[PDB]
Peer 1: 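Hey, got a structure here with (11R,12S)-mefloquine, can you help?
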Amino acid sequence: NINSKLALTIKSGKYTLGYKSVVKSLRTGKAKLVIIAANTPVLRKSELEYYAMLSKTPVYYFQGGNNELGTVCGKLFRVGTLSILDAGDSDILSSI
Amino acid sequence: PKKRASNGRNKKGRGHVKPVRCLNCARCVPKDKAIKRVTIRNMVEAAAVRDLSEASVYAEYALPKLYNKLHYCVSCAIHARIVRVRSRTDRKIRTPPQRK
Amino acid sequence: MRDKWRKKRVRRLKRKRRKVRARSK
Amino acid sequence: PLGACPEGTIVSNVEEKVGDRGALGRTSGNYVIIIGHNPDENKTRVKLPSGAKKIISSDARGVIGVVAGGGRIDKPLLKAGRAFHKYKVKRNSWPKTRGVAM
Amino acid sequence: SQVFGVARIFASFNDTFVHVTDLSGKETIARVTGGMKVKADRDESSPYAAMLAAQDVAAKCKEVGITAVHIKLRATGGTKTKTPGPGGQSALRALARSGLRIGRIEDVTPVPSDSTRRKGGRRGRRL
Amino acid sequence: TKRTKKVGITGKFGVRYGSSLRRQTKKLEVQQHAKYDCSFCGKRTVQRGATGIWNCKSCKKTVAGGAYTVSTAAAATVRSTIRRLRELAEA
Amino acid sequence: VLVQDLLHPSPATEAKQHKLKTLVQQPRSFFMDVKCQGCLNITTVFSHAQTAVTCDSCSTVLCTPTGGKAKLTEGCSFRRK
Amino acid sequence: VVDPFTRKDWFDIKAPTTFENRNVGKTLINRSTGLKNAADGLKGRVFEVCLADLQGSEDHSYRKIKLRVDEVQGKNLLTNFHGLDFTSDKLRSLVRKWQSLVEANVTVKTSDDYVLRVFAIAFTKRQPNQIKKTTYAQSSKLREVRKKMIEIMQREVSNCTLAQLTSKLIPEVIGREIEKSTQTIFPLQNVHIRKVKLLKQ
RNA sequence: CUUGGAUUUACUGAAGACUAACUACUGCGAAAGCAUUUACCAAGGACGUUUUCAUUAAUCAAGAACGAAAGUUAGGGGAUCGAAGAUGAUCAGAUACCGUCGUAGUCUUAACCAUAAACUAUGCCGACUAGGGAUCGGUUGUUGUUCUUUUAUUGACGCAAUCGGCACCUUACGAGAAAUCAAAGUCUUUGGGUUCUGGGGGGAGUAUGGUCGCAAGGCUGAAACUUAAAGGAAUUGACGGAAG
Ligand SMILES: O[C@H](c1cc(C(F)(F)F)nc2c(C(F)(F)F)cccc12)[C@@H]1CCCCN1
Ligand SMILES: [Mg+2]
Ligand SMILES: [Mg+2]
Ligand SMILES: [Mg+2]
Ligand SMILES: [Mg+2]
Ligand SMILES: [Mg+2]
Ligand SMILES: [Mg+2]
Ligand SMILES: [Mg+2]
Ligand SMILES: [Mg+2]
Ligand SMILES: [Mg+2]
Ligand SMILES: [Mg+2]
Ligand SMILES: [Mg+2]
Ligand SMILES: [Mg+2]
Ligand SMILES: [Mg+2]
Ligand SMILES: [Mg+2]
Ligand SMILES: [Mg+2]
Ligand SMILES: [Mg+2]
Ligand SMILES: [Mg+2]
Ligand SMILES: [Mg+2]
Ligand SMILES: [Mg+2]
Ligand SMILES: [Mg+2]
Ligand SMILES: [Mg+2]
Ligand SMILES: [Zn+2]
Ligand SMILES: [Zn+2]
């Protein structure tokens, strides 16, 4: 179900893919949600979640690796983390 | 020639049916072909239901039954006379025999 | 003879034929 | 410690005696299976790679898992040179002349 | 006021076990088999041998003090036959007729969910 | 083009050692020269070092594995048994 | 039966026939005008509707699709056209 | 030879207060000697006694309770609840043809951290005015009944201690509540909690 | 195998398989096949439709996918059964039936093999010809019935229709050598479309050649020669270590 919600958000809404974009969006306060893949290094995870704690942003832990997060986003590359900037037709922020 | 329109089994609209072992000889027989009898017998014969009821510490105690479902192959059943060879015209009758 | 055992016999005779020709290649 | 591992635990580098720092199941692909415990006598029964059952102190230690590098014997050496290089860093036991040929 | 044991009677088609334990079943009080009372294998499972064995079991149990038993009849079970042997009924009637008191009777034949292959082969045992 | 019909990597051995031994070498030597998925970074950069040693070129993680494959069946079973026991009834 | 009027079948047996097996096939569905309790606005809805149609006035679902005829929600009254 | 029964000492088994006839019966063990105590070999014993005996009433004749002894006070054995099961004959008399059988099981923890597996069983009931030969429920209905079963055992076990659950079991509260809760799904008969198992103590 | 405590009994644990009863003239799948729960992944028939496209279709040499069991190669597992083998009986002999063990195998992972009485011994598509009751899925109309909950928009059940299935019962207009068949009918009153196969029995699924396969083997496949029958269904009798 979350795959369908994520596909709808990627298709209609706004997002950034990648650690540097996610951290920039957390610094600027433009992030509504940060999704982190399961096989992300723990040091990077605990740093993303310290940024999210400071920014008051929810964190969703994807159960698959960055290969499955990449194919969920409809991408042909790997996505270690991503931030949802604007949930459009989806309700992921209201469901997570 | 063809002896039975059902081929002696009960497989129609089906490819394969998992087998069962004959109770008497342990022969692998398809589940639909096996001769199956459901028996619910008293565990104590009526001769001994009296002395066992008097020896019972419970007044008005019902003796439990023994429930069993027996599976026979065609050879097991014919040998034990569970089923018998019937005439050509009498083979078609599918009502249960009227004995019980 | 039984057809199945006759078939096994013929298989054994083909085996012998094959080995005999293989002897001289 | 062996007593801290439930029955059926696959364990490796197990101590025969408390403190010898590992004796059993040390070669590639090998391990020791913990069969059961006898808490009254403080003993544990294990099954060794040879198939033997042994009784060890429950205070003896072991490492959880299978020794790495397994499946090595599955490939043929294919060559005398391969056996030569195998024993060049083990010891002088190869090649072997048959005693009947002496 | 009575003291209950558990009379675990195992009646197969080759022998008959009359095994009297306590209520818990960890303590055996008397175990006389039908093969201990006759010298022919063909009649180790006879009703006569099972009844005599049960009567001797009752006599030995009484002098130890067990005054009542619950009955747990069983057949061989497993992949083999599920019907109790001919001697279990005679050993039960003999126990009832020997002055010992009988409580509940239950069948505890081991019945597998499905199974684990049965001996005899695909074509069964011929003869 | 396709260069060999069936020998594959064992074509370096020529006609020697016997066909059964060469196909036995081929089975395990394709496994020891294959590239495996890194369980840590997700890239296909894992190669064997010495026997039992599997290195990832990308993230420089070394993992202990099998002689010719990254994971043996016994190790896979222990990994799954431990993950069950924990992430389940025993929390 | 050798003699039978095939061109003028009895309308009782004609109505029991399957919809494709009549002399001229004709749908058995129809359109209804559904009045929700909240307001009064004619809204044409197909009887075997596959969509959860909502009226313009109040955002209330008029019918829910089923295997056959759509099931109207409570407080909604229908009249066959 | 020695007659090892001269060295047997009889002990009394005491049931929890949930039952009525707390005089379960008598057991025996080798008399406590210097080398071997009677206590260590007598504790840990499991007694299987029918609930009809534990309650006097014959309405419980088809359920039998396992009591596990874990403390000894002189000649009395203080037992605790160890499990529930149906008799084989009762289950075989309930499993007829021309009807649907539905089963469910769940691993559940009590209020006091007693790990149980509870097995529920039920059968479709043939209506009094029913004419067709068979009474079969669709597999979707069986899945919905199974889910309602699962969430009812989960609720009625996680909200109570083991003694209270036993007090719920004796009048068959859970089976009647499952039957009541599944009325709008399919008619059922002989709805029972047929087995409860202790895994870890 | 057993006074070295067997068998039996209770508790505990570990291994692999396997899913009893429910289970049926019942379901699904192209077939082989598929039966513990739940989750996830992608499929499917039927039904309903006053949605959409408009001949896109039917059968198919060549060429492909899948294909029970057994079998082959290598790991894993290897509880139970168990080819081979070993053993105790029976017998004139039994290296057979019966008993006790038992290796491959049985299970699984990567690949092979492509055969079965793989059967409904009945190719696939289409039209028509005769009555009946059951049953599974869907849909549409309706109860002196039980039930949600106390009632409805609960569900179950009951009565009718219908489409699709798995089948069944009676008759024989009709077919057939008959057994029998609602198709094996609409075939000398011979023509709806199309694929495959057979031409007396053996020799023979043999030889040879080709091709696939690691192998076992698979597919394709003669001739010389030989022979008056072989065979199908039914009738009367005779016989049976079959029943009455
Ligand atoms: O006692 C068994 C058991 C087996 C095995 C294994 F298969 F790996 F050898 N490992 C077990 C372990 C272990 F730690 F993974 F080794 C702990 C407890 C029980 C184990 C069962 C089966 C697995 C789930 C419950 N324990
Ligand atoms: Mg015949
Ligand atoms: Mg079908
Ligand atoms: Mg078949
Ligand atoms: Mg040297
Ligand atoms: Mg050598
Ligand atoms: Mg010399
Ligand atoms: Mg015979
Ligand atoms: Mg089952
Ligand atoms: Mg079904
Ligand atoms: Mg072709
Ligand atoms: Mg193997
Ligand atoms: Mg084996
Ligand atoms: Mg065996
Ligand atoms: Mg011999
Ligand atoms: Mg034998
Ligand atoms: Mg063929
Ligand atoms: Mg058939
Ligand atoms: Mg054919
Ligand atoms: Mg219907
Ligand atoms: Mg010819
Ligand atoms: Mg003939
Ligand atoms: Zn047979
Ligand atoms: Zn890596």
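A, B, ... follow the sequence lines: proteins, then strands. Residue 1 opens every chain. A fraction of the deposited model is presented, and contact counting is confined to that fraction. We count ligands from 1, going down the list as the structure has it; atoms in each ligand are counted the same way. Only this structure's heavy atoms are used, side chains among them; waters, hydrogens and symmetry mates stay out.
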Peer 1: Which ligand numbers or chain letters correspond to (11R,12S)-mefloquine, including copies?
Peer 2: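 It corresponds to ligand 1.
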Peer 1: Counting heavy-atom pairs within 4.5 Å, which chain has the most contacts with (11R,12S)-mefloquine, and what does the PDB entry call it?
Peer 2: 60S ribosomal protein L2-B
Peer 1: Just wondering, which other chains does a 4.0 Å heavy-atom cut-off pick up around (11R,12S)-mefloquine?
Peer 2: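 Heavy-atom contacts under 4.0 Å involve D, F, I.
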Peer 1: Could you pull out the residues near (11R,12S)-mefloquine at 4.0 Å? Heavy atoms only, by chain and number.
Peer 2: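 By heavy-atom distance, those residues are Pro6(D), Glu7(D), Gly8(D), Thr9(D), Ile10(D), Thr81(F), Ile82(F), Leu85(F), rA14(I), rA15(I).
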Peer 1: What name does the entry use when describing chain F?
Peer 2: 60S ribosomal protein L43-A
